[PDB]
Amino acid sequence: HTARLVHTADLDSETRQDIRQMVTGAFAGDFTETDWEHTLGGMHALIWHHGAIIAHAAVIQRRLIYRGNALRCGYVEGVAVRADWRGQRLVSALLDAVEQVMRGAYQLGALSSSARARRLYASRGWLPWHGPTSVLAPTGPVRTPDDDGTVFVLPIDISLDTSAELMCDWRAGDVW
Amino acid sequence: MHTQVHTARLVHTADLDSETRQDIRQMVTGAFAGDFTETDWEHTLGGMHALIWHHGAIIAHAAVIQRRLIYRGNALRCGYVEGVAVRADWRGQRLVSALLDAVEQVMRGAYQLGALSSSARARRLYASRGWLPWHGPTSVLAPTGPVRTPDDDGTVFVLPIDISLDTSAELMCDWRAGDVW
Ligand SMILES: CC(C)(COP(=O)(O)OP(=O)(O)OC[C@H]1O[C@@H](n2cnc3c(N)ncnc32)[C@H](O)[C@@H]1OP(=O)(O)O)[C@@H](O)C(=O)NCCC(=O)NCCS
Ligand SMILES: CC(C)(COP(=O)(O)OP(=O)(O)OC[C@H]1O[C@@H](n2cnc3c(N)ncnc32)[C@H](O)[C@@H]1OP(=O)(O)O)[C@@H](O)C(=O)NCCC(=O)NCCS
Ligand SMILES: NC[C@H]1O[C@H](O[C@H]2[C@H](O[C@@H]3O[C@H](CO)[C@@H](O)[C@H]3O)[C@@H](O)[C@H](N)C[C@@H]2N)[C@H](N)[C@@H](O)[C@@H]1O
Ligand SMILES: NC[C@H]1O[C@H](O[C@H]2[C@H](O[C@@H]3O[C@H](CO)[C@@H](O)[C@H]3O)[C@@H](O)[C@H](N)C[C@@H]2N)[C@H](N)[C@@H](O)[C@@H]1O
Ligand SMILES: Nc1ncnc2c1ncn2[C@@H]1O[C@H](COP(=O)(O)OP(=O)(O)O)[C@@H](OP(=O)(O)O)[C@H]1O
């Protein structure tokens, strides 16, 4: 149980489908077409057991604007461990892989965490954002209050004032 | 399995060791006759580097990084091609074709479209492979809101993957430091 990293373009149709179905099941169905689209394009950390995917996390590239700078961010999407495999720290192995990618390629990692996972991210050195969050929408900056309190960041090569504004870039569905 | 000689190899930025990273940076900077800034280098990072090796040196490079391009209010998932370069002593042998086979493979497997802003000398190379010239006005979604990027008009090319785009429409890239396209 060490995770393997595979870019989206290296997944065959069968594997891509196994991943989407496992993740959707792990979120008990609370996983939409846009949530799935948000897991695509970057590196997937995958753990298998007998040809079955039992754990997944994806890290995709985007920009987060902090103090006027568009920081190169590794954004974590779709972190999930199959229900019958929970409580064995498989998530720790997924994050070891995701974090290795962030140290090698990004200025910071970030994600919008489900409440049950917040203790886990904090224990690993992720920081909860306290300042107001926004998104740079096509019409300009728009606050995203529904996502306040869910965003976490992992600084790699920058010290951060986590009470400053933080503004993610645009996409469909949930922007955070 | 043959030797894989001059087949481009795809390596994520996080998997580049410092020696390879330095070799890519100096090779690409030299290929652009030095017109390759600190921000142009930052723009090649975070995605997949297609690398061609010869005697332990990088003789060709192209990076595909992920960003969003906004088309008709839609945020398209885009593989953006940066730093396309073939070291000067190896030019004229179609190695850029080997780089683009890998780049295009990445687009079909992971993005809604590939895009890039081409130097004038390479516009015909991309067009011959099926990349479409973007005819409409380009802009960027800067922190203050949309703003036109006329200097970049006529340089952008796209490779749609199973989506249909009206290439005469406005196309707006997302924000970053330096050249936004
Ligand atoms: C959050 C999640 C990835 C954790 O994966 P994991 O590998 O099971 O994590 P851990 O083993 O460290 O367990 C985390 C907690 O889950 C709980 N847990 C233990 N066994 C469990 C089980 N059999 N079923 C469900 N939850 C269980 C415990 O509270 C545990 O905390 P502890 O370390 O103090 O015991 C997983 O629960 C999951 O996929 N949940 C649904 C999707 C989700 O919210 N993903 C996160 C999005 S940010
Ligand atoms: C653009 C580039 C990647 C093409 O690489 P390549 O593998 O040499 O491509 P090709 O073999 O198909 O040659 C392209 C053209 O370059 C020209 N060429 C041939 N030999 C050349 C040489 N030794 N030196 C420079 N240009 C040469 C020819 O016009 C050739 O076209 P042709 O096949 O119709 O005769 C390369 O010229 C380069 O790195 N240029 C500098 C950086 C830059 O502009 N890159 C593109 C950024 S979008
Ligand atoms: N519902 C699937 C999504 O869940 C998590 O992300 C969301 C996050 O968690 C989901 O919401 C449920 C209630 O907290 C929680 O139970 C979550 O369902 C949510 O609180 C934020 N407001 C928006 C985040 N995008 C994951 N980080 C995200 O990758 C995934 O696509
Ligand atoms: N100067 C280095 C950059 O060049 C190419 O891209 C630029 C592109 O080409 C550079 O400009 C020279 C003249 O066209 C050409 O000689 C080019 O120098 C330029 O025309 C666009 N206005 C902006 C593009 N970012 C590459 N696509 C880009 O990846 C690289 O970072
Ligand atoms: N009325 C409720 N019934 C059941 N669970 C709820 C209720 N309202 C909110 N929740 C859940 O309880 C959590 C509430 O989220 P909050 O962001 O308010 O954080 P909190 O638990 O630290 O107070 C969520 O769990 P999840 O993110 O792990 O999925 C949310 O789903």
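Note on naming: letters A, B, ... go to the chains in the order of the sequence lines (proteins, then strands), and numbering restarts at 1 for each one. When the header is checked for method, it gives X-ray crystallography, 1.8 Å. Numbering of ligands and ligand atoms starts at 1, following listing order. All values below come from the heavy atoms of this structure, side chains included, with hydrogens, waters and symmetry mates left out.
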A.B. asks: Say which drug appears at ligand 4.
C.D. replies: ribostamycin
A.B. asks: State which chain has the largest number of heavy-atom pairs within 4.5 Å of ribostamycin (ligand 4), named as in UniProt.
C.D. replies: Aminoglycoside 2'-N-acetyltransferase
A.B. asks: Counting non-hydrogen atoms only, which other chains lie under 4.0 Å from ribostamycin (ligand 4)?
C.D. replies: B
A.B. asks: I'm trying to map the binding site of ribostamycin (ligand 4) - which residues have a heavy atom under 4.0 Å from it?
C.D. replies: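 Counting heavy atoms, it is made of B:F32, B:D35, B:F36, B:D40, B:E82, B:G83, B:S117, B:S119, B:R123, B:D152, B:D179, B:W181.
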A.B. asks: Can you confirm, on distance only, whether ribostamycin (ligand 4) has an N/O atom lying under 3.5 Å from any N/O atom belonging to B:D151?
C.D. replies: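 N/O-N/O distance below 3.5 Å does not exist for this pair.
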A.B. asks: Tell me which UniProt substrate-binding residues of chain B have a non-hydrogen atom under 4.0 Å from ribostamycin (ligand 4).
C.D. replies: B:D35, B:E82, B:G83, B:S117, B:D152
A.B. asks: Kindly state if atom 10 (C) of ribostamycin (ligand 4) has a protein heavy atom within a strict 4.0 Å cut-off, that is, under 4.0 Å?
C.D. replies: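 Given the 4.0 Å cut-off, atom 10 (C) of ribostamycin (ligand 4) does not count as touching protein heavy atoms.
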A.B. asks: Any idea which atoms of ribostamycin (ligand 4) are less than 4.0 Å away from a heavy-atom of B:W181?
C.D. replies: 23 (C), 24 (C), 25 (N)
A.B. asks: Would you mind listing which atoms of ribostamycin (ligand 4) come within a distance below 4.0 Å of any non-hydrogen atom of B:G83?
C.D. replies: 29 (O)
A.B. asks: Does the protein place any heavy atom closer than 4.0 Å to atom 21 (C) of ribostamycin (ligand 4)?
C.D. replies: yes
A.B. asks: Using distance alone, decide if ribostamycin (ligand 4) has a nitrogen or oxygen within less than 3.5 Å of any nitrogen or oxygen in B:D179.
C.D. replies: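 Min N/O separation from ribostamycin (ligand 4) is not below 3.5 Å for B:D179.
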A.B. asks: Nearest protein heavy atom to atom 15 (C) of ribostamycin (ligand 4), by residue and atom, and its distance?
C.D. replies: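 Answer for atom 15 (C) of ribostamycin (ligand 4): B:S119 CB, 3.5 Å.
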A.B. asks: Could you tell me whether B:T155 and ribostamycin (ligand 4) have an N or O pair separated by under 3.5 Å?
C.D. replies: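 For ribostamycin (ligand 4), there is no N or O atom that lies under 3.5 Å from one belonging to B:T155.
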A.B. asks: Less than 4.0 Å between atom 13 (C) of ribostamycin (ligand 4) and some protein heavy atom, yes or no?
C.D. replies: no
A.B. asks: Most residues of chain B in contact with ribostamycin (ligand 4) fall within which UniProt domain?
C.D. replies: N-acetyltransferase
A.B. asks: Answer yes if a protein heavy atom lies under 4.0 Å from atom 27 (N) of ribostamycin (ligand 4), otherwise answer no.
C.D. replies: yes
A.B. asks: Would you check which organism the entry records for chain B?
C.D. replies: Mycobacterium tuberculosis
A.B. asks: Could you tell me which atoms of ribostamycin (ligand 4), counted from 1 in the order shown, lie closer than 4.0 angstrom to a heavy atom of B:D152?
C.D. replies: 21 (C), 22 (N), 23 (C)
A.B. asks: What's the shortest distance from atom 4 (O) of ribostamycin (ligand 4) to any protein heavy atom, and which residue and atom give it?
C.D. replies: B:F32 CE2, 3.5 Å
A.B. asks: Which other ligands or ions in this structure are less than 4.0 Å from ribostamycin (ligand 4)?
C.D. replies: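 Result: ligand 2 (coenzyme A).
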A.B. asks: Quick one: look up the protein heavy atom nearest atom 1 (N) of ribostamycin (ligand 4) and list residue, atom name and how far away it is.
C.D. replies: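 Here the nearest protein heavy atom works out to B:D35 O, 2.9 Å.
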A.B. asks: For atom 6 (O) of ribostamycin (ligand 4), what is the closest protein heavy atom, and at what distance to 0.1 Å?
C.D. replies: B:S117 O, 3.3 Å
